[PDB]
**Q** 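We have in hand a structure of Fusion glycoprotein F0 carrying lonafarnib.
Chain labels are A, B, C, ... in exactly the order the sequence lines appear. For chain A, we keep the numbers from the PDB entry: what you see runs 26-69, 73-99, 137-518, in order. The residues of chain B that appear here are 26-69, 73-99, 137-518 by the PDB entry count, in order. Numbering of chain C is taken from the PDB entry, so the residues present carry the numbers 26-69, 73-99, 137-518, in order. First listed ligand is number 1; within each ligand, the first listed atom is number 1. Only this structure's heavy atoms are used, side chains among them; waters, hydrogens and symmetry mates stay out.
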Amino acid sequence: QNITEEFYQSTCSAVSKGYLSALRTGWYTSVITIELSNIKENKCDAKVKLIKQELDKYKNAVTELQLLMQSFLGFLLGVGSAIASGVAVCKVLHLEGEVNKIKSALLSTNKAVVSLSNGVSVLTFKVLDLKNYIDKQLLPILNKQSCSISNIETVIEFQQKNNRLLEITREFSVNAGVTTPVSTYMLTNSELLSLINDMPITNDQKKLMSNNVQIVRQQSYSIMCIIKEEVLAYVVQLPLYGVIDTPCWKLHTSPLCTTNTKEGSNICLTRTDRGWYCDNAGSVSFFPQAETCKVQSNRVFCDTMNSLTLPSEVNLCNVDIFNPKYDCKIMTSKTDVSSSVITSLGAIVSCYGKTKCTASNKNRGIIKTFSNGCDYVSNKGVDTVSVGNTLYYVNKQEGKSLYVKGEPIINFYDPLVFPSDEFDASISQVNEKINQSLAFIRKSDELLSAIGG
Amino acid sequence: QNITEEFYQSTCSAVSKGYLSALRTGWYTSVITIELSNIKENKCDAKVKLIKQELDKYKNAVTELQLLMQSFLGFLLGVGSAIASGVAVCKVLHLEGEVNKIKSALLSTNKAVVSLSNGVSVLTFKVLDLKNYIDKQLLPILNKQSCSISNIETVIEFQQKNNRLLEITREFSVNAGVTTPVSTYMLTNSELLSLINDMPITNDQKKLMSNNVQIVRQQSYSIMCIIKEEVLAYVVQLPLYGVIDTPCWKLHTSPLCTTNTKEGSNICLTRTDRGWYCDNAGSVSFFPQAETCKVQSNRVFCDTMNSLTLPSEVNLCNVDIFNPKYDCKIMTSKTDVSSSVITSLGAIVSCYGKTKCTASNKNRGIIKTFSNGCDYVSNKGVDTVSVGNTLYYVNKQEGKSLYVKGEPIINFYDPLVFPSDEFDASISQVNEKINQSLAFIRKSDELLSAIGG
Amino acid sequence: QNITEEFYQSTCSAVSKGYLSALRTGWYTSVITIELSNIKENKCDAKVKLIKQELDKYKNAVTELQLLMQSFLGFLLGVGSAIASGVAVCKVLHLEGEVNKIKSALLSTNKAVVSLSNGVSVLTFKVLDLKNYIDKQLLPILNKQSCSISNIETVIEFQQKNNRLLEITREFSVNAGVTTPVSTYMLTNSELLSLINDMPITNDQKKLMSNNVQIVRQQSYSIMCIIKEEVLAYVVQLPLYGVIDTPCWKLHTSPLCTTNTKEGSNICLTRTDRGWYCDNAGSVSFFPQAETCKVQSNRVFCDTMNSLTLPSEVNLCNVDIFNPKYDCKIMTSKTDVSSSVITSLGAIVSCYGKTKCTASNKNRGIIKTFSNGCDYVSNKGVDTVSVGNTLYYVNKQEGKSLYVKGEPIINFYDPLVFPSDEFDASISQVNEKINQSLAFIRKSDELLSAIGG
Ligand SMILES: NC(=O)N1CCC(CC(=O)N2CCC([C@H]3c4ncc(Br)cc4CCc4cc(Cl)cc(Br)c43)CC2)CC1
Ligand SMILES: [Ca+2]
Ligand SMILES: [Ca+2]
Ligand SMILES: [Ca+2]
């Protein structure tokens, strides 16, 4: 609805605002079941041969599931165990009587909340029943007609009912029993919508999940669990969006280098704090790898596992990078290569050396030839940006962008004492190394004065 | 046809030449459409039950698509927005009358160039027509026979026509409306070949794309766009290979360490400029992550978004790393671990410490025991290389390789003043830090002479 | 069976023991074949139209396969060429007579060991025969009935036989002839089990592969090779687990920072040697990217291509990080951000600044409020850990964990002379930089004493 962008010429960075949060903060685990016929040996025509081949497909899938059952700042992030919750629920299902308990609860209803032996109550869902189809609809037909089908529709009906089980088996077979995104075979759209509708979450959360079922699938896992007592069970671990509708901003950064003609005489700094930022419980959830988040219109879906919890003062780096409340993260170097960062509403261009950097229009061609340094163009009137031999299309989302003029902060650094190979550096750390270099010169020149006598 | 390789003993690096370029420089967006029946409520036998279940599959896919519609040096690279072009074309399709315009243009032909309201002319393709099948071939059969199919072939024919739509829906459902590579369901081989044949590109480009359809699919996107007025539309964003048949070379690098017996006394340097290099418009497109490129015989498919535009003088680093025209990139360390880099025509082996490094033959077993340091073997007579507990198979592509002897450049560095923890360093930067260290010793010893009196 | 874990308070790291190895050390390449009918023009009813459409699907797949045929410490790892072995075997299949040799060997048996012209003997497997089905079962039916099918079962039987070829074609079409994991369409479970059963490996290796078919698929490749003389051939490159049942341990590391109240006054160190470690041939195979390995109960599947061969003395870093036999790897910084590392049997928590860090229970909620610094909790009584706005579920695998108390080693470092921006650093390298800083102060103060007169 209302996306805005600000470019900071002094720090070669841009911020996009107007986004609303949808953050995965927890997990909800449901048990999905399929009823299976316990068939072993058949007592058997072209139509019967097709049924027996379909029965072999069914038997091999059951067998295969049984064997399957037993047998910049991303470096600062912690390490999670993504499916620890669903795997814990699955371990409980192996305990004596747990499967029979679910089989009894789902006897006449397709959905039921079941309390496991550990006190946890889970939503259980039966999505397919091949036990009643094979045992009470297919096998009695083969007996009353003494190995004759007659109706070809019987073959097609079994093929259609069996197909889902074969696809689920195929998926778990190539993914070692763990799949993500959760496919339509694991949970159809109506089953997922039905699951969200019964989840112990708010109406705003149900509305969000129901309107973004495709993002929910991407942020979910399906874990192959157990196959016993005529039951195939798998755990679908669904996201819990505990943080919704809080403001988010995306910070885009690009190298800021001096533009002196003398080769090997330039210095660079880059803001390393690029990423997604969302307000959350009085702090800011920072997602360094913005590519991990997913954007649907003005909504940003991020996962807290890919976040750092920072004080809201981190935003002051977008107001004044030399502020005293928060030590802004930067990296230093002497690598003045040319590149561009395509933002939400425009393009940051870092043009150095002899590189040809331009911004173009589909009707008029080149409309701007960038000069050396870090500049920006909005997507209004611009369709593409070219930096050397690389052409970038800009995003065409409607918004308002503001160019905040200012002298490149790299100009206020003495190149003689610049710490030019810092990566996990900050404004204060760079200043502390500069102070050490200046103090070592101060003490040397103090001795050269004292030695003059 | 004509691949050659040179190993540089002095810099522990190798270059493979003889490759021809195929670089993705731009994008071409086409609109792919499927005609849909606007069915809602049916007026209905084993065969009719199968048709009604197939109609539910059709209705749920349409519904699901409607909900889907609204809701070393890689760190130097810029950031693009890969589908900004296709998404821009899609936004235009939402404007009033755009869909009807395409529906009219494709009324009697399966392909038509349509001019959108923004002046852009796009290739439009209708790949499937379920509107005529369901409304004029399936529904009238159910009315004239008063809910009777009789012909089982009717069920199978509908199942075959519907299958493509269900697969496209399944794909967009697990990929949030954006897929890559573009599958055969999105665009069949003949549809892709037909699209390439009508693209506004040269005959050499059509021949290249047509002979590498499998690479074109990998470098393409399918973007779910709009579903309205009996039309399902999706944008297929295809690569534009603006740079073809220019020479390419792959640079392979490996750590070069001193081989002194005293533990903790060794120093290392590694060329960090490894990657793919292609001639392009008077400059060199450098692809640091060579794994992003795809090689088909002597043709290398790279994407300019994954490139740096460098002066052609970067190649001088393969002639003389101490050249004055280009400042060659290196990293320094004191981590003399053993490893191997499998090249196009051989293997670079960095053997340090007590590690067992060998090169073997399938008929004779071990044929070479590497000594400490950085050495190389060609794939002629060699099938595998082993460095410690790691066995590597070498590529068996036919070619000619040359061993360029020379003293390891790490031997000419004073270990006492070696800057041993530089990553984004170069030959000049390492020399500048060495000069500072030597000058600090010079001034200290000048004071020790002046203090002697 | 017997997983144990030790947390080291002094180094903010934990080790998990009790795992057994299954390491991919080599490759075994088999040739998989499909017999094809050489059909071109058909001499032809609703059932016959369905057969002719199925024949077009068959013809286009054959055509598409013919066009396909011609046209922290991970940075220390070497570079392999994963499919060099399978691609070498495939190149041999293109030589004159090689395909006919396999066609003759598989004439009456579905499996046969064939000796290629280069001396290599390979297991060959024919998984499907569409040549006999189309030429001797489908085409003669169309001739004797003068373009009449009569039996709808004929259409369904052809559709079922053809489906596998279309799926294999679809897979190679979207993966440029190279797929991984190897799907059930490339090799069914019984074909893979049959292949393992005939591989030239031990009974323990066959038992391991057969019990972990899903891991074998993940560590295998299918390479589209040649289509000629009524034969479709593809190479399935299978893992060789040359190292099995040797002990493995997983090392989990997290930042260890001082906890002083003064902002910007803290220093950090982190053990960078996190990863999987397996005993192997008298050395230790180290897998820095533990995420590359796969764990099935107490078995860890790793690939030697993702390993460093280290002396077994690397384990001494878990006994005493200041030991004289092995120089332990660490990184330094002044970035005291809060994070958690979920281990096999618990959670390491690095809590700094004003961050709220807790460990919770499903029955009692919060059961521990972490203090500043690096602490640990076991999974006994703990279900989740929260560090700021990030909630982590802990693994619930049964095991015994031990807390080894000790003063944080970061406390024994003088913050004034701490080298705080080292990444590829070690205990000795950090000590050497500290010595240089202390010696520069020593010589300055020696001159200030000599200048007093
Ligand atoms: N230098 C640090 O203190 N880092 C914190 C931990 C982080 C984790 C990591 O493995 N990496 C590797 C890549 C990065 C890192 C890097 N990468 C590879 C190698 Br060999 C050495 C270096 C060391 C510092 C450097 C400096 C610059 Cl100019 C750019 C980068 Br991209 C890097 C960060 C992530 C690496 C960077
Ligand atoms: Ca682009
Ligand atoms: Ca190999
Ligand atoms: Ca979790």
**Q** Enumerate the ligands or chains that make up lonafarnib.
**A** ligand 1
**Q** Could you check which other chains have heavy atoms less than 4.0 Å from lonafarnib?
**A** A, B, C
**Q** Take atom 18 (C) of lonafarnib and look for protein heavy atoms under 4.0 Å from it; say yes if you find one, no if not.
**A** yes
**Q** For atom 14 (C) of lonafarnib, which of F488(A), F140(B), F488(C) has the closest heavy atom?
**A** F488(A)
**Q** Check lonafarnib against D489(B) and write out every atom of the ligand that is under 4.0 Å from a heavy-atom position of the residue.
**A** 28 (Cl)
**Q** Might you check, step by step, whether the distance between atom 35 (C) of lonafarnib and some protein heavy atom is under 4.0 Å?
**A**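 Yes; the ligand atom in question has protein heavy-atom contact below 4.0 Å.
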**Q** Is any heavy atom of the protein nearer than 4.0 Å to atom 7 (C) of lonafarnib?
**A**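 Protein heavy atom within 4.0 Å of atom 7 (C) of lonafarnib: present.
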**Q** Under 4.0 Å, heavy-atom basis, I'd like to know which part of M396(A) is in contact with lonafarnib: side chain, backbone, both or neither.
**A** side chain
**Q** Write out the residues of other chains lying under 4.0 Å from lonafarnib, heavy atoms counted.
**A**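 By heavy-atom distance, those residues are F140(A), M396(A), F488(A), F137(B), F140(B), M396(B), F488(B), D489(B), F137(C), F140(C), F488(C).
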**Q** Give one line per pair: atom of lonafarnib, protein atom, distance. Only N/O to N/O under 3.5 Å.
**A**
{"from": "lonafarnib", "atom 1": "10 (O)", "to": "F137(C)", "atom 2": "O", "distance (Å)": "3.3"}

